Amino acid sequence: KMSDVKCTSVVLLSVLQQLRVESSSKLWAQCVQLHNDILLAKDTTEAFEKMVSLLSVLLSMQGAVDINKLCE
Amino acid sequence: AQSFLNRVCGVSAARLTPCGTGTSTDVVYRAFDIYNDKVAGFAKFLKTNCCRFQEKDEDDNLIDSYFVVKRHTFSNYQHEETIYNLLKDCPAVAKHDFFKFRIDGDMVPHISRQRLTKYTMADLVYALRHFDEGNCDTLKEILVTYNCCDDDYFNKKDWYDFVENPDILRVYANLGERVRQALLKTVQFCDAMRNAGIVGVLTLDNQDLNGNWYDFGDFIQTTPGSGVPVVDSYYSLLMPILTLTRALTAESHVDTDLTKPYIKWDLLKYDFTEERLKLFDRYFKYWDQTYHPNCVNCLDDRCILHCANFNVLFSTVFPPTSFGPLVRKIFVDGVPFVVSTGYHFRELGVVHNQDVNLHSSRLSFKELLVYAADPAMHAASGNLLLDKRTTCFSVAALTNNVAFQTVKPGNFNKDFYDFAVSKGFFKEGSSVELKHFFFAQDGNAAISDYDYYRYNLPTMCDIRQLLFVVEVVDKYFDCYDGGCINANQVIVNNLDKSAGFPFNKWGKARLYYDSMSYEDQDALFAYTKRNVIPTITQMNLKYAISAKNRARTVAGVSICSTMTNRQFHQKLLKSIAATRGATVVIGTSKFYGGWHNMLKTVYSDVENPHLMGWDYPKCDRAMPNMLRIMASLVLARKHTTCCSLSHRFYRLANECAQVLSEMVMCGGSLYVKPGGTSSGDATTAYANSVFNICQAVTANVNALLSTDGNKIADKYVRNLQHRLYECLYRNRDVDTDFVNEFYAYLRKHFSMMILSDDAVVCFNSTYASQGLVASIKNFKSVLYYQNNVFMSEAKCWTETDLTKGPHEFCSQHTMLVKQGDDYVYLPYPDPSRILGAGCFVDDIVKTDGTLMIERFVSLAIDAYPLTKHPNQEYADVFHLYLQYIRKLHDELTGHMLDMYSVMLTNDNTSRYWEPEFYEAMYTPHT
Amino acid sequence: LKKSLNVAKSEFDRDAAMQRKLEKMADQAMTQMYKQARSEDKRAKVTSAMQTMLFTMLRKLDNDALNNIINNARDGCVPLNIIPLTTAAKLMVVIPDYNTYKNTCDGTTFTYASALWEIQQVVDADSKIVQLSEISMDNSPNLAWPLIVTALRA
Amino acid sequence: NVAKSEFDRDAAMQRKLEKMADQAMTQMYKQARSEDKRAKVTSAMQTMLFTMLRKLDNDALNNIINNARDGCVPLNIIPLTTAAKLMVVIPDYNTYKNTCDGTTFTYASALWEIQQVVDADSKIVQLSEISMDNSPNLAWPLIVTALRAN
RNA sequence: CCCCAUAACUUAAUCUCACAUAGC
RNA sequence: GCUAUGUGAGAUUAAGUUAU
Ligand SMILES: C[C@@]1(F)[C@H](O)[C@@H](COP(=O)(O)OP(=O)(O)OP(=O)(O)O)O[C@H]1n1cnc2c(=O)[nH]c(N)nc21
Ligand SMILES: [Mg+2]
Ligand SMILES: [Mg+2]
Ligand SMILES: [Mg+2]
Ligand SMILES: [Zn+2]
Ligand SMILES: [Zn+2]
């Protein structure tokens, strides 16, 4: 569903900006290109791929702890 | 017959192949610049004399060499023979051959012209001035010959767009040397006519694409040395092509040869007046109107436009490093500064400040503010910059680091999104889906958006047409009062915005409005009328929702400019915003029946109404450098009493220096703006409105002139076309009678809602069908040659039914609803825009909905007319917003009961989730 | 007969209206104080709130690629670079233990993110390229277990 | 009954002049604050102007203004002729290959000896790390700072 | 760091005008 | 007449907010 993807991508980019990804210009450019491409997507199959690519930028680097964010 | 072919090629050894059949003539459909007592215009006619004979080379390959054997009466034949014999020795005259050949018993006199190209200059200028992407065969053939393309360049999708595939600037520029040689040959022809005593009118259709001239039928012989060639229509219609093809590029080389290296030019040299005079006397020698290289010597606004287009044509030869503020080392308190002491414009020439203080002992607040806003001290005291990311000229880097500004993504309102989803919104297949978001950008965003001024090119306008377009636009801008006002009467809203650069470093504009007394502001304004003050403008990235990934930048103009511009232009710009029922709809609210009022205003009395609109692609960055000057001149015409000629010219020069040729500061370094209006000057909306009235009146003018006058049934519009061509290319002074006329004609058949950059046109259908008023094709053709952009058909709309309003005006759709007992037009926006505004906010405080029941009342006010839309999903957004407002209020009350004990004395919050409060804002009673 | 219940109609409105303004000012102050408390609480807990919102929407998405990447990142495999989507480009992903190895890479394939990646260079903690051997059930003292597997997309 | 002056002029009229007296006091205080702001902004702009004249390098600028006939020169040639530092922003490695060189290149006549190269992250870029092989591994709005060599 | 212009809502005061009531 | 009080209509003035 695009309504649930184009919004969670915005949330992910906001979180990344909050945890100082703009310092690295290459990573910021890649993760802003992915975010813009998700927001303009027309097929959910190719939008989830870019959503996955936008993720693993937060997960690759151990900035935010992940075990407690999934207590639910 | 074969004997006719042998007779056509006589002494010359030419191998000819007939281009028709037998001895009969050949019919061609070419453009003509005709002016008779029956027809007058620049249109395409069928020429049915002329037996064309293409010449084939030795290897039997057809080349661009034709032998047009015109058949006409004996008297014209024998007169043209005498005129040719008088003009035989000129090197710019096509080789004529006069003979009589028996066709069927009558020896028809033949006038054979040897070795002339297939097309003429009239055909080229018509193709480039009446461009249609479907019927562009003549332009395609002209590009294929005189090698510019390879007949495969047209296989590209947007091979003409000037934005997509910006390589259409070349392929055109390759015709520049052809056009320049044509100009030299027509100057030679005029010299021969003057030295031989023949008086005649020069037309584009009488000169082939090689420069040769023919058709001496309408030439009269006078005493030798007293010839009077008429070169108004020729040069005037040729002007827009002189800059598309860049004809004056060979003048940048050592011996004016395209193979030799460029001229170096002293870096210090800035005058370039003798060079301009030499260029004018070489290419426009017989243009009888006086040309002033510097516009400071002009009479009243007419040499301003006239000499300014010549200056913008001639300034493409001179180095771009000489155009800018002229600095001089003045001594203040014995310490030498470096401050501007004039300005070198590409259109206004060299302008020198009249008040200069070389030896000063103390600087007042006005002098300090003037010196601090000048870019001289900032650029001189800054490192040299070579910014390869853009093609714009780089001046200096004020700071030792380059600033990269990134756009943050917008914040997500999960509460509103969850509430909407709970109410059956955002489902698979629903007509309302989220399409407006907060697009984020990387570091290379501000500079990338600034590098769109490459779409702004030096455009030379048709002065014989622009000088009448400006009169019609001035008539459109009547019934307004304007002039200069003191600092007492200046109204400023939201004082503390930016104050501009470098004034941001010390405070907002409130500080500079409070620190400067009223007499200080008046003295600063008076200084502007006698001096030129260049200012630095800062570019800032916008942070707002949009449906496109394109970044948006706004120009923050210095307060030193805005303070003077406000005093200059708030007597106007407020009568425009307080006048209801005029062409310009700036200031007219869309509430309380305003939309219906304007719509019924422009429906007016057109006999067969349709609707038409546009969006001006790549505006604010493709606007010609001449049309902004014309706009500022039109807005300065309400000054015949307060200001003199010198004061008005110096105010125009100041506006051009600090708005048009302004020093853009993108990031942390200074660049040079090639041209175009500023988004944030003082008059962006009104300058855009007058620019929109132009190129629409121009579209009407060259759609009414480009019609076959013999095929026009009505005897009134035919005479109107004849007199319009007269007033354009045969009349010098303004004919106020015929300016009031054709303006009444436009108002009767072409009604407009000219808001800034947005327009809706109610035009006569049967007049546009016959080509008597402007259409989509005519407007696109006008934009092609006077805006350097191709306007896509998908960016335009039309309506054949008036029960439905404009398709899209000011991003609001129009629908006819029943309000009470009468039908009215209500503007409803795109529901996706409202939903995106409700979901994606700028800050995190706005995510807390309880803190803002407000802004939701405001979003529901704009979303009320959707409740009457036939679509259920379109109608449900208003109910969604009302329910969310009620939920926000009730959860605020819950929070107040939890945090506090005291509730709120409310009962004036219920109106905010009832339809009656929002319905009352579209009923015309307030 | 008047001036008994009549005079107390304009002077009775005097103190009542004065109380009305006092209550109005008190309510205005209360709502201003509220609008501040909440605004400053919002702007204080922004990072945690955004992270919790993100990870709630990630589970509400109920995807497979995301639900595999996040499950691996919980207690094991996390990437070192952005996940490539083209059939070219390599992806390096740490494998912090034997179980994460066997859950992901089984033999020349890598699973991960709902695709199957072919492995190219199983380099150890330091750099020793481990050939696919000691990465079996036999006591794997393969250095510090982070066996960064470099893997290409099939 | 005739005591109106005791509460309509001794308690109301004697209070009426106080209102505009107080607003005049507030107006004069705000005028004093505006005058202080004017003084501080004057001293700030004067300090700015007197600060960025020492960087003018008044030995090669006096050599080009004096060379002018009328004494006026275009502003766009002052940095090209007098500035002792050059900043070059390179968007791609091809531009660096063409519009830049190793320790020394030439723009606007001159000879610009490169002193340091830095990236968008503004940390550092070594001169040996700018190659076709290593280009993708670099942020590439590269800023090159060079000094005029004379 | 965050432009010009227009419209609209919301709040808060002010200058009153006007209406009404009470007392004198 | 005189203050006193409320009333509604604005108008004026800033502040917040949206839309264009
Ligand atoms: C950019 C403009 F100057 C244009 O003169 C015109 C419409 O220009 P536009 O942006 O609609 O058109 P654009 O060029 O994008 O066209 P396309 O690229 O889609 O083809 O109003 C101005 N303008 C637009 N928004 C703003 C704004 O917030 N503030 C200010 N001060 N001015 C603005
Ligand atoms: Mg002719
Ligand atoms: Mg003729
Ligand atoms: Mg536009
Ligand atoms: Zn003139
Ligand atoms: Zn004036």
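Below, read A as the first sequence line, B as the second, and so on, with proteins coming before strands; counting in each chain starts at 1. Any value given below was found using the heavy atoms of this structure, including those in side chains, with hydrogens, waters and symmetry copies removed. As the structure lists them, so they are numbered: ligands from 1, and atoms in each ligand from 1.
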Under the nomenclature of UniProt, which macromolecule has the greatest contact count with ligand 1? RNA-directed RNA polymerase nsp12
So what's the drug over at ligand 1? AT-9010
Using a heavy-atom cut-off of 4.0 Å (strictly under), which other chains touch AT-9010 (ligand 1)?
B, E
message: Could you pull out the residues near AT-9010 (ligand 1) at 4.0 Å? Heavy atoms only, by chain and number.
response: B:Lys542, B:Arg550, B:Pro617, B:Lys618, B:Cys619, B:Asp620, B:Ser679, B:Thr684, B:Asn688, B:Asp757, B:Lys795, E:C3, E:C4
AT-9010 (ligand 1) to chain B UniProt active site: nearest residue and heavy-atom distance | B:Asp757, 3 Å
Q. Where does AT-9010 (ligand 1) share space with the UniProt Zn(2+)-binding residues of chain B, that is, which have a heavy atom under 4.0 Å from it?
A. none
Most contacts to AT-9010 (ligand 1) come from which UniProt domain of chain B?
-> Nsp12 RNA-dependent RNA polymerase
Could you tell me if other ligands or ions lie under 4.0 Å from AT-9010 (ligand 1)?
ligand 4 (magnesium ion)
